[PDB]
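Heading - S-thalidomide complexed with Cereblon isoform 4
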Amino acid sequence: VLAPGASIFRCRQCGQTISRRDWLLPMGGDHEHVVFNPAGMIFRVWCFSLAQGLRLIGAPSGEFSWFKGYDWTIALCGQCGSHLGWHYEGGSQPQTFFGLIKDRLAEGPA
Ligand SMILES: O=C1CC[C@H](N2C(=O)c3ccccc3C2=O)C(=O)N1
Ligand SMILES: N[C@@H](CC(=O)O)C(=O)O
Ligand SMILES: [Zn+2]
């Protein structure tokens, strides 16, 4: 389409470019996964094949992973440090992907 407005995802706090709607990834048949951590926090996680602009912190862990076969690392906004989600690795088809917290991103034109 011409002049799309639902094209890219930026960090909600600072505007860093993070991902693209084209890169949404339907893990287990859905790009959206509603999940909770051990602290009881609920996240609406959108899975993306690719992302940029993040800083991945520490070494991977399999503990409490929401995605069978994958280990996670915390993904912060590389610009402002906002916690945007997790990077997943060590699994199969795909080996890696990103799970980003939908309400911590702003969607907009390319
Ligand atoms: O797949 C994941 C990513 C990490 C996530 N997670 C959290 O968000 C968290 C907060 C506090 C203590 C421990 C955890 C943890 O494993 C979680 O529970 N599963
Ligand atoms: N979508 C932008 C690229 C960006 O802002 O990251 C452009 O077409 O110039
Ligand atoms: Zn940011």
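We're sticking with the PDB entry numbering for chain A, so the shown stretch reads 14-123, in order. Values below: every heavy atom of this structure, side chains too, minus hydrogens, waters and symmetry copies. According to its header, the structure was obtained by X-ray crystallography, 1.5 Å. Just so you know, ligand 1 is whichever comes first in the structure, and atom 1 is the first atom listed for that ligand.
In this structure, the ligands or chains belonging to S-thalidomide are ligand 1.
Summary of contacts: the protein heavy atom closest to atom 14 (C) of S-thalidomide is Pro51 CD, 3.7 Å. Scanning the protein for heavy atoms near atom 16 (O) of S-thalidomide, the closest one is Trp85 CZ2, 3.2 Å.
Of all atoms in S-thalidomide, listed by their number and element, those nearer than 4.0 Å to a heavy atom of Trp99 are 3 (C), 4 (C), 8 (O). Closest protein heavy atom to atom 17 (C) of S-thalidomide: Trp79 CZ2, 3.4 Å. For S-thalidomide and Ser78, the ligand atoms under 4.0 Å from any heavy atom of the residue are 1 (O).
Distance from atom 1 (O) of S-thalidomide to its nearest protein heavy atom, with residue and atom name: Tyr101 OH, 2.8 Å. Protein heavy atom at the shortest distance from atom 6 (N) of S-thalidomide is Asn50 CB, 3.8 Å. Less than 4.0 angstrom separates atom 11 (C) of S-thalidomide from none of the non-hydrogen atoms of the protein.
Given atom 19 (N) of S-thalidomide, the protein heavy atom at minimum distance is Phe77 O, 2.9 Å. For S-thalidomide, the residues with heavy atoms nearer than 4.0 Å are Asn50, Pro51, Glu76, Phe77, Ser78, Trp79, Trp85, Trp99, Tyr101.
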Atom pairs and distances, S-thalidomide N/O vs protein N/O under 3.5 Å:
unit_1	atom_1	unit_2	atom_2	d
S-thalidomide	1 (O)	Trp79	N	3.1
S-thalidomide	1 (O)	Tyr101	OH	2.8
S-thalidomide	8 (O)	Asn50	ND2	3.0
S-thalidomide	19 (N)	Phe77	O	2.9

